[PDB]
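Below is one structure, written out as structure tokens, with a few remarks after it.
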Amino acid sequence: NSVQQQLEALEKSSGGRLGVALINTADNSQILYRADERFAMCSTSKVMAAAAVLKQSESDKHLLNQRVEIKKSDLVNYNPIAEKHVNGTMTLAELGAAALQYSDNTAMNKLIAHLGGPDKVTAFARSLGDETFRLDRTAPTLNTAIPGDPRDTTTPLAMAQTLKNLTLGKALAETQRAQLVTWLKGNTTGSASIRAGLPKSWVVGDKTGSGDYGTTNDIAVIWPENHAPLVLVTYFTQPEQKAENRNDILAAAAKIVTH
Ligand SMILES: CC(=O)OCC1=C(C(=O)O)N2C(=O)[C@@H](NC(=O)Cc3cccs3)[C@H]2SC1
Ligand SMILES: *C(=O)[C@@H](NC(=O)Cc1cccs1)[C@@H]1N=C(C(=O)O)C(=C)CS1
Ligand SMILES: O=C(O)Cc1cccs1
């Protein structure tokens, strides 16, 4: 059975809608599955917000060390790092790290607020040539992931192209690119997702998302030992609002497209 047939079968048995875009940077070849369909990004959108702040830092050498005050009233539904810092400060760099490596929603909201709102994240994506990405809401509501809702969505192909540019391409100056990569490589939330479908010793940087409608996402850059990098987006969503998340489906998709 072909890769396409395998993805079709995985999707059908899983009881959802699967979106996959793999870019092989060895030859610029692609494996696409529903790659032009919109999906709710959920917390994968934090990559774009963190990168937007990194872009700003290219013209302000003091930005990443700027103090941000964390109040009790800033806490939302999931904030394992920010809650440790209530009544204190975190730097913008520390907020980027917390957002990316722990999926701290308070940290995401501080990045968005610093930028001037969700629309500023959209404008940053557009500045990278991504005509597809849109950020409309803050956390937690950006994770509602309602079928057919365009808010806070992108397509697998658009996100793969932009993640490639961010991490391996033209988007950021070198120090900032390297910082983004360091953050992604140190993610703690992705064990059971794309990483689980790959050789254990491959280096991976990724950002997950989990939302309503059992929406389960991961976007990754993958560094094989003897090959050029791969960029992989796996998005998955289901028909029932209260559905369980399905990290294993992302692992399976990763295994299929790297087999
Ligand atoms: C850490 C995490 O939450 O993993 C997602 C998950 C997955 C997955 O795909 O990774 N799922 C499974 O493999 C499903 N588990 C079951 O269907 C087992 C059952 C439990 C209760 C009745 S059936 C769901 S249970 C939830
Ligand atoms: C990002 O996806 C974010 N998800 C949520 O806050 C969950 C919801 C909020 C409203 C409806 S559902 C955080 N990300 C992680 C992750 O990266 O997977 C989570 C596991 C949940 S918190
Ligand atoms: O407590 C407040 O309302 C303001 C803050 C100062 C420092 C962290 S939060």
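Numbering of chain A is taken from the PDB entry, so the residues present carry the numbers 27-57, 59-238, 240-252, 254-288, in order. Each ligand, and each atom within it, is numbered from 1 in the order the structure gives. All heavy atoms count here, side chains included; hydrogens, waters and symmetry mates do not.
- At ligand 1, of voriconazole, cefalotin, amodiaquine, danazol, the drug present is cefalotin.
- Looking only at contacts, the largest set of contacts to cefalotin comes from what the PDB entry names Beta-lactamase Toho-1.
- The set of residues with a heavy atom less than 4.0 Å from cefalotin is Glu273, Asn274, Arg275, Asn276, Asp277.
- Shown here, atom 19 (C) of cefalotin is out of close reach of the protein: none of its heavy atoms lies under 4.0 Å off.
- Residue contacts with cefalotin: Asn274 is placed with no nitrogen or oxygen under 3.5 Å of a nitrogen or oxygen of the ligand (distance criterion only).
- Every atom of cefalotin with a heavy atom of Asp277 under 4.0 Å away is listed here by number and element: 7 (C), 8 (C), 9 (O), 10 (O), 11 (N), 12 (C), 13 (O).
- Which parts of cefalotin touch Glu273 is read off a 4.0 Å heavy-atom cut-off, strictly below it: atoms 6 (C), 7 (C), 11 (N), 14 (C), 17 (O), 24 (C), 25 (S), 26 (C).
- For chain A, the entry records the source organism Escherichia coli.
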Present, as a list of atom pairs with distances to 0.1 Å, all nitrogen or oxygen contacts under 3.5 Å between cefalotin and the protein.
unit_1    : atom_1 : unit_2 : atom_2 : d
cefalotin : 9 (O)  : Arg275 : NE     : 2.7
cefalotin : 9 (O)  : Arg275 : NH2    : 3.4
cefalotin : 9 (O)  : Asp277 : N      : 3.4
cefalotin : 9 (O)  : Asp277 : OD1    : 1.3
cefalotin : 9 (O)  : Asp277 : OD2    : 2.1
cefalotin : 10 (O) : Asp277 : N      : 3.0
cefalotin : 10 (O) : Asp277 : OD1    : 2.8
cefalotin : 10 (O) : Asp277 : OD2    : 3.4
cefalotin : 11 (N) : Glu273 : OE1    : 3.4
cefalotin : 13 (O) : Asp277 : OD2    : 2.9

